[PDB]
Every structure is written in C-alpha cells, then in structure tokens.
Amino acid sequence: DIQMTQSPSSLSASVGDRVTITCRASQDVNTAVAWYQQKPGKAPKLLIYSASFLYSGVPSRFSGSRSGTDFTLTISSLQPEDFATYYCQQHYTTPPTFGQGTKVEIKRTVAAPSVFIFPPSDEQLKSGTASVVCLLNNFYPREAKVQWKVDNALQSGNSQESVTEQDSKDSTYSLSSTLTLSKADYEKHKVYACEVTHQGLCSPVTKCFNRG
Amino acid sequence: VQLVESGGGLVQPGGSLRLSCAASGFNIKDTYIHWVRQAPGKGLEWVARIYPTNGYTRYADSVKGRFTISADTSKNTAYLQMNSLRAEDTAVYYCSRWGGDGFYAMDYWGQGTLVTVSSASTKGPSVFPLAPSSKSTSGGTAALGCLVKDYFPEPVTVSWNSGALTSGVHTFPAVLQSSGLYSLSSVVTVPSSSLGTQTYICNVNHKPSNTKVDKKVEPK
C-alpha cells in the first residue's frame, strides 16, 4: 500500500504570495497523482489530475509538477478564497491513498474583534438554565482570550469556546464563548461582563449588562 | 453530474447501516464509484470501490469482510452495507466517481453523510434568540443570532430569512457539553439602522429529530 508523505502540515502565506506544497510517494507512481482542495464542511474538489493538468473550472493560478517521486502543487498568487486543506492522492495501485493534508491559513493585517454580549432569553430562563453568550467578530490572528466576570468575580469550568474557520473573503475569524448557569445560580447576581484580550487591542475590552 | 449520499445518521456499536449513493447526469455503468471517509478532524481514508458493469469491488483492510459495496444499475445507485460498526467508523462518508477510461482522478463527490456510532439516544435541539442590544451604538453595526442547544447527534443546518441573508452570518462549529449533548450558535451582524423595520428569522434543521424551527429574533 503506497504511502503519501505531505509537507508541510500547515502554512500561513499572505495574498499575492507563491505558496508550494510537496507530496512524496514511498514507491514509484508515474503521473498517477491528483490534488484536491476541501473547504470547511464542504467535500473535496479536484484541482489537478495526472500531476500537471489543471481540471476544468480551476483558476489558472493553480499548477502541479512531478520531479521523480516528488509532487508539487503551487498557488502562484494566494487569494483569500484559497483557505482550505489540500490533499495529494496517488491512484497507481489500490488502495488509492492520501497525504494527511496541508492547512493553508491566509495571513492579513492584525484586526480588532468587535465584542457583543447577549443575556439569556426569557424563554430559556423559564426552563431553569441560563446561557450567557460573548461574541468576538472578525479579528486576526485566530489567538484570543475571553474571561467571564460575575459581580466582578472571575469564573472557571462553566464556559465553552468555539471559533469559526477563517472567513473566505476577509481572512478573519470570529469566536463564541458561552457561560451557562442554573436560573437559580444566575438570579443571585446582576453584573455580567466578559473580558476579551487580543493583539488588535492595546487594552482588554469588557462588554457587560446588569440582569434587568 | 451529481452524487447524493443518503441513509446515514446515528447507529449502535455492533449495529448495521446501508449508505445510498444516488447518481444523476451520467450512467454509473460507465465508471468506478468510491466511498471515502473523513473521521472528525482527520484526513480522507479511502474505504471501497466497484465497477458497476461487472460488480468487481475492492476494500480497505480496516473495512474488509465487515462492509460490502454494491450497485443497482437501474436506479443509478451504489450502496455500502456497513456491519460490526464501532467508534473507529464514526466519520463522514463521501461517494465519488473515477472520470473516464484513462483519466482515473476523482472529479465528482457527494456532499457527504455523517455516520455517528453511539447507542446514546437522538435528542432534538431547542432554539433561543440572541436579541440585538438596546444600546445599538447609535446606527453602526448590530449583532443578533439563534442559540441552538441540547441536540444529539450532529449535524445542524441554520439559514437566515430563508436563504435571503448570507453576508455577516457566522454559524459557529458546535461544542459538546459535559451532559454528552451538543450546542452551537449562529450570529449575523447588520446595520443597527434596521432592527425594527427588517425581519430576521433563523431556520434550524436537525434531520436526526425531523426538526424545523423558524425563530423570529426580535429586539429586546
């Protein structure tokens, strides 16, 4: 079963950079190699077939190359819409096998999150659980910190983060952080804040509300 | 050309499932068909294939003897009988096709179906609005959303004003609560100049619990 060894496993490049990804087959595989791009949630799209040919509907900026057992996909001018994992596959033998794949993150100018905080709904509160949601919108880089302060008392073990894969147009990210509390527990406090720390901020921003 | 995976969801360890791959726009006789699989956060592992004319299949060690690919030439369809299922075979299940006779790249794929292999029960999500701030800067940009909470398994699909509102939409990847249940949110940012006037409604689909909520996120 031919192995396919992929380099790198991750890559940040900027818009209008040439980036290049290499794939090394264990045994020989002729021209028997295809290059597919998979976007978040979406299924893989063919980019290159037979190592050097540019599938129909694949923008010219993509290109492929074979030097012996070493295979090279090249993005001549990287575009935000290029964000994806890209996988090399050989089909010379069964099983056709894949590289572990290469995560291409676009690299743009440092961007400050917009923060919004959302009190629990009336209708959840009637079901004896309280969901407080802090949102961070359209920042760069993907690296942040959100802390939760109830009546200025810091919290822990009672919040859960989730980050969007990098937007395709503006190369930015967004983050959701969720504090949960029994209606019982929630009603024993008034000042809900979430502290947010990020590169684009020369000071931590806190959004807050009072229960009322 | 189209390939449409069906018959994938939740299933007990040990249990059975039969994935359906519906072709249109080309005869499945004239090509090979593949079933490639993506475990959560992992890469593509190829799983099996078949030349619908003869029915000559090939399978991967991990799945040999346990799974069984077949093809109904009449309905233009391919099947994956899956048996002795376990935590290992919990992944997305794509169905693809080799090109012609001498161009053996995989040019067309389904959208994929999530197969989750738990014996935990299916559970239907509640939806709750995330209502735009009163403060509303003065007229710049507002946020608003739907929280979607306590469903099993994945996946959940959220749209907005039924497909009519796409720019500014951030449907977060779901997070697994210690309860063993899922919750995400979806948020859209919009001109604070328009909170009353315009209507914003999130459409929540969870097929696992045949759920269609159309929640109208009002200011407060």
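Order of the sequence lines sets the chain letters (A, B, ...), proteins ahead of strands, with each chain counted from 1.
The drug assigned to chains A and B in the PDB is trastuzumab.
The name that the PDB entry gives to chain A is FAB Light Chain. The PDB entry designates chain B as FAB Heavy Chain.
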